[PDB]
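Chains are lettered A, B, ... in the order of the sequence lines. Note that chain A carries the PDB entry numbering, so the residues on display, from first to last, are 2-300. Chain B is numbered as in the PDB entry; shown residues: 3-300, in order. Method of determination (from the header): X-ray crystallography, 1.7 Å. Counting convention: from 1, in listed order, for ligands and their atoms alike. Below, each value reflects all heavy atoms present in this structure, side chains not excepted, and no hydrogens, waters or symmetry copies.
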Amino acid sequence: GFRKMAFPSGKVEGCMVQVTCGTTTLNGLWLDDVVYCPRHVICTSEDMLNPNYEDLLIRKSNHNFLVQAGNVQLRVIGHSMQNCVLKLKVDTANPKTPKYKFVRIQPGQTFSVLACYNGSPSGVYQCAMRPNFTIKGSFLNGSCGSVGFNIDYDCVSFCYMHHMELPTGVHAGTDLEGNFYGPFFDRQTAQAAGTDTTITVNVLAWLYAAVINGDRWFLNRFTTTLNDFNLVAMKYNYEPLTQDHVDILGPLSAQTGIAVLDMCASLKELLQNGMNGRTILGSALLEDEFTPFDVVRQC
Amino acid sequence: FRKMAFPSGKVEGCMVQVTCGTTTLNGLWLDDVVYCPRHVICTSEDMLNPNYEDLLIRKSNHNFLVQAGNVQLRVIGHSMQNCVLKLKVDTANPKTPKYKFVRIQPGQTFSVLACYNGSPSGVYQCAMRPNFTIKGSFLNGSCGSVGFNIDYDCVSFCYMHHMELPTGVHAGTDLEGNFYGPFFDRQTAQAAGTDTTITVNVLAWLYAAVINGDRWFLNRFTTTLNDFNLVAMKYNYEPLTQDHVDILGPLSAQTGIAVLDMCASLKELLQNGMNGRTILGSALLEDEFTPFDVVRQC
Ligand SMILES: *[C@@](O)(CO)[C@H](C[C@@H]1CCNC1=O)NC(=O)[C@H](CC(C)C)NC(=O)c1cc2c(OC)cccc2[nH]1
Ligand SMILES: *[C@@](O)(CO)[C@H](C[C@@H]1CCNC1=O)NC(=O)[C@H](CC(C)C)NC(=O)c1cc2c(OC)cccc2[nH]1
């Protein structure tokens, strides 16, 4: 079996709180004695239309912020702003703070999302940072401040804080230093994303996952050069495949005994011939949201 | 719409490892009892055709190694209930959530927390197929991993993992140790019955499409439940039960499309095909989203 698998979310759930300023409420992330949340919590609905954030934040006091961890109210004893993230200092340390790091992920990398509402975790699922710096998430009203993360030997690497749903239904957010992924900004305005492309290295990793799980129907006897593959890939709005990608796919090629460029010839055939109503690992579409690491970790 | 698992933290705090001899798997620690698959008592040779009652005779409390991480929990009693072992331990788990044990029906979904050596590794949604298998993702050492739903902070445990079939799907028990489907906990190649499509979930999917403005497939016809069930079975679809009709109630009321009107719409999709059209951006009808899943994502 091969499934989209998220990291266990317990270490993050114990950090989710509710942050309220006036009539505006969203989720916050509580690590040690700091609560991180989207800065537009300070805005009224009219402010979000065209906010001058530094001007609005100087007009706020500590007592303007209501932070709730479960039923407990944590007193704000300080506040600062880092790009699009608000940092609320509280008088209580979160006893459940995990070992953690803040990281900015690269396009094509995956992370688990813990969707939260009113400070309470609701569901967990896997997302990839798209090449156009959106993510195809599942987020409703009140999900802002939900975070994305990876977990490596008990250490949580936070990489995403949720801010926005674009008109097309995809999602946009920041790293935990408050810098958006993509050309987006935190204003109540309709924003279009750049043209998205398909994460080629992930499609290849996923075809390897299919072979590891006993499916080989898409393979062929042909091969290709790296450049000839990249010409066809770009024609189909796939990202270029680099030699670093070829190397990263090494273990999966070694595990299956299928040279990377042999697998590229397979994908090239799938792109030019379609799948003709057949299916790969249950999907009628070429899946690009598993990294080579996601495949290795699960297989 | 996407497969969304429940947050797993309340279950992570219950996972332990259980070793007997050199055989290690996962267990579930609730209050002062640890639940785990009974084949932990088997030697690899014993798994081929085990007599569990005779095997358990030769076992005492002191043969069982229960560890939360590396911390041993002393076993003070043991008993077998169907295919699960219940180990009484001397410590009540302080992380025990409000919980119950439930036996689910085919078509219901649940989250699986995949674990190895008592350590949670990942979480994903599964659906119980009509042939009582799940399309899981399980490696060696995963037995004892559990499936669950969370409703208002109460965790309903429904699945404990035991087996991978030759076809690569998975089989297990409820938390009273009764297998889902015609399977046995022995080292033998077992086949499941032919599977079918989960009709009630396809209907839930069509409701989700209507909710989102995608309703070209709505027809001008209706059907009786009996007539629909007879036609569905000729397309390898599950027949609907009265319980299925009632769990579609909220979606029916929300859209104003009667359940039997949606059945007639599905009946036309089965007999005439989609004619190269899509529903929620897909040529295939999805059968792994329950009416509850649709409500929770919409
Ligand atoms: C937050 O929870 C805000 O606290 C909210 C999350 C989205 C709501 C629906 N789905 C979500 O993921 N985010 C927003 O509401 C943001 C707020 C900004 C950053 C100040 N705004 C949008 O996502 C937004 C605004 C508009 C829009 O206007 C006009 C027009 C079209 C799309 C759109 N998205
Ligand atoms: C547990 O980890 C075991 O404690 C393991 C989990 C599977 C291993 C690979 N993926 C899994 O989900 N379970 C087993 O190995 C069980 C043990 C039984 C219940 C005693 N056995 C099988 O899953 C099994 C045995 C055989 C078989 O024999 C011969 C032939 C074909 C398939 C098969 N599966």
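Drug identified at ligand 2: PF-00835231 (bound form). Most heavy-atom contacts to PF-00835231 (bound form, ligand 2) in this structure come from the chain listed in the PDB entry as 3C-like proteinase nsp5. Lab note - other chains with heavy atoms under 4.0 Å from PF-00835231 (bound form, ligand 2): B. Counting residues of chain B in contact with PF-00835231 (bound form, ligand 2), the top UniProt domain is Peptidase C30. For PF-00835231 (bound form, ligand 2) and B:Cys145, the ligand atoms under 4.0 Å from any heavy atom of the residue are 1 (C), 2 (O), 3 (C), 4 (O), 5 (C), 6 (C), 13 (N).
Rounded to 1 Å, the minimal heavy-atom contact between PF-00835231 (bound form, ligand 2) and the UniProt active-site residues of chain B is with B:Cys145, 2 Å.
The residue from B:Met49, B:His41, B:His172 that puts a heavy atom closest to atom 19 (C) of PF-00835231 (bound form, ligand 2) is B:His41.
With distances taken over non-hydrogen atoms, the option nearest atom 15 (O) of PF-00835231 (bound form, ligand 2) out of B:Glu166, B:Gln189, B:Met165 is B:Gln189. We find a covalent bond linking PF-00835231 (bound form, ligand 2) to B:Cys145 SG.
For PF-00835231 (bound form, ligand 2), the atoms closer than 4.0 angstrom to any heavy atom of B:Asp187 are 19 (C). No part of B:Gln192 comes within 4.0 Å of PF-00835231 (bound form, ligand 2), judged by heavy-atom distances.
Atoms of PF-00835231 (bound form, ligand 2) found under 4.0 Å from any heavy atom of B:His163, numbered from 1 in the order shown, are 11 (C), 12 (O). Distances between N or O atoms of B:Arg188 and those of PF-00835231 (bound form, ligand 2) include no value under 3.5 Å. Atom numbering of PF-00835231 (bound form, ligand 2) starts at 1 in the shown order; those under 4.0 Å from a heavy atom of B:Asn142 are 8 (C), 9 (C). Site of PF-00835231 (bound form, ligand 2) with heavy atoms closer than 4.0 Å: B:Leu27, B:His41, B:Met49, B:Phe140, B:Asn142, B:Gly143, B:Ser144, B:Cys145, B:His163, B:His164, B:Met165, B:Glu166, B:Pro168, B:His172, B:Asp187, B:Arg188, B:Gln189, B:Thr190, B:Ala191.
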